[PDB]
Amino acid sequence: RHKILXXXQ
Amino acid sequence: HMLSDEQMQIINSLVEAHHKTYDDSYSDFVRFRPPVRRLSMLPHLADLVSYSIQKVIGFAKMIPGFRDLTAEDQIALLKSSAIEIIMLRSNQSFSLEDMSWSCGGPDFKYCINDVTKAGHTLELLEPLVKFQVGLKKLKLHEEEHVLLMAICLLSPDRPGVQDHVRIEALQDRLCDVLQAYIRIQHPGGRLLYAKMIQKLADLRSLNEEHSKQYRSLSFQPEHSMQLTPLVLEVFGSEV
Ligand SMILES: C=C1/C(=C\C=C2/CCC[C@]3(C)[C@@H]([C@H](C)CCCC(C)(C)O)CC[C@@H]23)C[C@@H](O)C[C@@H]1O
């Protein structure tokens, strides 16, 4: 999952 | 055989970015889950890697040109190389006298047996230590150390990258700065630059071996629950 990787604003 | 003003500015901004994202006091390590010596070291080393991924992200956004890319390309490059940047940046704590990573007191000193207690085998750890020794023996300047990390992160040949020509141009811009730095700071130059590039080839196979062992660990619930959300996002297989 890329929920956290969305702190790339 | 001389660095332009913008080549020097790239060097200045990269070393400053590293100084801001690498804390030599390791004082944040006490907030990790405690080291313990069935995978008694996995909680602490997972927190260490998860914390280091944050630092790598911070370093990446201060690389000139990186934030100008798409968010998708930024994530694709970060996911593909995060483990390599961590192995690269970990050489600063690696010591040849003890063959270990020393981040302060003996509690935060990591030998190869500690990592065996995180679910990894010698097929990864022994090449990793050999990579650390060979990297240590090159005695890189910190300017060469941070340029290599930036070059590793901006590799166009990563899966999921869309704007390839834009990433390759920024990487070549950094390789040109690194080549000029070596030529000026060192006798000769072509030999050292060649081995630094070879170290990036070594990191590719180290990544490959770690991804296999991580996939085995992450599919066992008793171990996967000891990881962190950021680790599962970054090292996972999702899109
Ligand atoms: C983090 C960093 C440091 C050491 C890196 C190490 C030491 C212990 C074992 C490590 C973490 C390797 C492990 C095989 C990685 C496996 C993690 C996992 C269990 C999720 O598969 C990779 C790098 C090795 C400390 C400091 O230099 C900051 C740096 O930033």
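The lettering of chains (A, B, ...) simply tracks the order of the sequence lines. Per the PDB entry, chain A residues shown: 686-694, in order. Residue numbering in chain B adheres to the PDB entry, whereby the residues present occupy positions 154-190, 251-452 in order. Whatever order the structure lists ligands and atoms in, that order sets their numbers, starting from 1. Structure method, as recorded: X-ray crystallography, 2.1 Å. As a basis for the values below, the full set of heavy atoms in this structure was taken, side chains included, without hydrogen atoms, waters or symmetry mates.
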Omecamtiv mecarbil, elvitegravir, umifenovir, balovaptan, calcitriol - which at ligand 1: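 Among those options, calcitriol.
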Calcitriol: macromolecule with most heavy-atom contacts, named per UniProt: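 By the greatest number of contacts, it's Vitamin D3 receptor A.
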Calcitriol: other chains within a non-hydrogen distance below 4.0 Å: B
Calcitriol contacted by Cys316(B) (non-hydrogen, < 4.0 Å):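 The answer is yes: calcitriol sits under 4.0 Å from a heavy atom of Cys316(B).
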Polar contact flag for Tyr323(B) and calcitriol (N/O pairs, less than 3.5 Å):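 No - when backbone and side-chain N and O of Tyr323(B) are compared with those of calcitriol, no distance drops under 3.5 Å.
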Calcitriol contacted by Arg302(B) (non-hydrogen, < 4.0 Å): yes
UniProt domain count leader: chain B with calcitriol: NR LBD
UniProt calcitriol binders in chain B under 4.0 Å from calcitriol, heavy atoms: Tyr175(B), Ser265(B), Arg302(B), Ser306(B), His333(B), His423(B)
Backbone or side-chain N or O of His333(B) under 3.5 Å from calcitriol N or O: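 Yes, there is a polar N/O contact under 3.5 Å.
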Atom indices of calcitriol, in the order listed, that fall short of 4.0 Å to a heavy atom of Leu255(B): 19 (C)
Contact residues, calcitriol, heavy atoms 4.0 Å: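 With heavy atoms under 4.0 Å, it is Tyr175(B), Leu255(B), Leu261(B), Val262(B), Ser265(B), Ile299(B), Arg302(B), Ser303(B), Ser306(B), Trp314(B), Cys316(B), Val328(B), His333(B), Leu337(B), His423(B), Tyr427(B).
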